[PDB]
**Q** 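I have a PDB entry of trichlormethiazide bound to Carbonic anhydrase II; a few questions follow.
Starting from 1, each residue takes its place in the sequence as its number. Because only heavy atoms are used, hydrogens play no part in the values below, and waters and symmetry mates are left out as well, while side chains stay in. In each ligand, atom 1 is the first atom listed, and ligand 1 is the first ligand listed. How was it done? The header gives X-ray crystallography, 1.8 Å.
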Amino acid sequence: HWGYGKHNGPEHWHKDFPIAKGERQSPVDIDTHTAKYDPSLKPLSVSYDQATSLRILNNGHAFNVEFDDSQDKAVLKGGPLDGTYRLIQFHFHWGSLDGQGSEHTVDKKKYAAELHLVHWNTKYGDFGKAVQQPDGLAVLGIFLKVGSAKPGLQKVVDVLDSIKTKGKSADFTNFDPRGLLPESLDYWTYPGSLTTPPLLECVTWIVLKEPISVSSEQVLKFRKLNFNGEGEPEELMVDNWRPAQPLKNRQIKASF
Ligand SMILES: NS(=O)(=O)c1cc2c(cc1Cl)N[C@@H](C(Cl)Cl)NS2(=O)=O
Ligand SMILES: [Zn+2]
Ligand SMILES: [Zn+2]
């Protein structure tokens, strides 16, 4: 039943997922004046050159672009991380208007949307084992602002038509996620959680400083997707973001 509506929204998740009120919930507001540079942070290694995308799926709250994670084809290493983390999927969160949609905020600023590249710690063997551990997952988060089109995104935008409703999927091979990165890999990092139920506290968040630009036309096509299944009454897929959660006992570090 969970979702983003008035009766099943984030305000309600704690009832079925008590960890929602936990000590290391995501997302959070990034107070730039309180984040601290950490010169001990090693440089971030994004190695997506052999990434193998497979499929795109409308899961009822967003769409996932899924990848083959049977081997070390696309990985995240270095930065705050120990070991190797394999890309399993990416998705977005976006708003009903350009003034909202991101999950993380920067000095309370909300971007139009946010891209999450989800990776799991290969020493745990699979994703399911990984989300039983405090260092199981690493998510690369990238803000989207509305401006010029992102060429690298257009392929995704153009398949949306075919996965309009919940549980629809389409073939999605040969997509290169490198085309969704900004120039700079400067980041902020903190320990957190999934921002969707079950809200497991297993994530090392790495949030890039530099947003990517996407066109209004591109984001408009995101807002034409549906939460609902086929034949059901249309509920447009918008505002599928969880607001900022309390930082509690956590420090956000800057790589720059
Ligand atoms: N939003 S997020 O990046 O915290 C996130 C979302 C999903 C995750 C994992 C993470 Cl870390 N897993 C999936 C399962 Cl369907 Cl494989 N659901 S999700 O909401 O896309
Ligand atoms: Zn869902
Ligand atoms: Zn997400």
**Q** Specify every chain or ligand assigned to trichlormethiazide.
**A** ligand 1
**Q** Looking at chain A, which UniProt domain houses most residues near trichlormethiazide?
**A** Alpha-carbonic anhydrase
**Q** Heavy-atom distance to atom 7 (C) of trichlormethiazide: which of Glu66, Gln89, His116 wins?
**A**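 Comparing heavy atoms across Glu66, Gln89, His116, the nearest one to atom 7 (C) of trichlormethiazide lies in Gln89.
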**Q** Evaluating non-hydrogen atoms only, which member of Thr195, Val139, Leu115 is closest to atom 11 (Cl) of trichlormethiazide?
**A**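 Looking at heavy atoms only, the winner is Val139.
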**Q** Any non-hydrogen atom of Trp205 lying under 4.0 Å from trichlormethiazide?
**A** yes
**Q** Tell me which part of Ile88 gets within contact of trichlormethiazide: side chain, backbone, both or neither, using heavy atoms under 4.0 Å.
**A** neither
**Q** Report the UniProt substrate binders of chain A that come within 4.0 Å of trichlormethiazide, using heavy atoms.
**A** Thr195, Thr196
**Q** Which residues carry both labels: UniProt Zn(2+)-binding in chain A, and heavy atom within 4.0 Å of trichlormethiazide?
**A** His91, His93, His116
**Q** Measure the distance from atom 5 (C) of trichlormethiazide to every protein heavy atom, then report the residue, atom name and distance (to 0.1 Å) of the closest one.
**A** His91 CE1, 3.6 Å
**Q** Students should be able to answer this: which protein heavy-atom is nearest to atom 9 (C) of trichlormethiazide, and at what distance?
**A**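 Answer, as residue, atom name and distance: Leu194 CG, 3.8 Å.
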**Q** Nearest UniProt active-site residue of chain A to trichlormethiazide, heavy-atom distance to 1 Å.
**A** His61, 3 Å
**Q** For atom 19 (O) of trichlormethiazide, what is the closest protein heavy atom, and at what distance to 0.1 Å?
**A**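 Nearest protein contact, heavy atoms only, for atom 19 (O) of trichlormethiazide is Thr196 OG1, 2.9 Å.
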**Q** For trichlormethiazide, which other ligands or ions have an atom under 4.0 Å away?
**A**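 The list: ligand 3 (zinc ion).
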**Q** Distance under 4.0 Å to a non-hydrogen atom of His61: what atoms of trichlormethiazide satisfy this?
**A** 19 (O)
**Q** Provide the residues lining trichlormethiazide within 4.0 Å, heavy atoms only.
**A**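 Heavy atoms within 4.0 Å: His61, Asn64, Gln89, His91, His93, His116, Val118, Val139, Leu194, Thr195, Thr196, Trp205.
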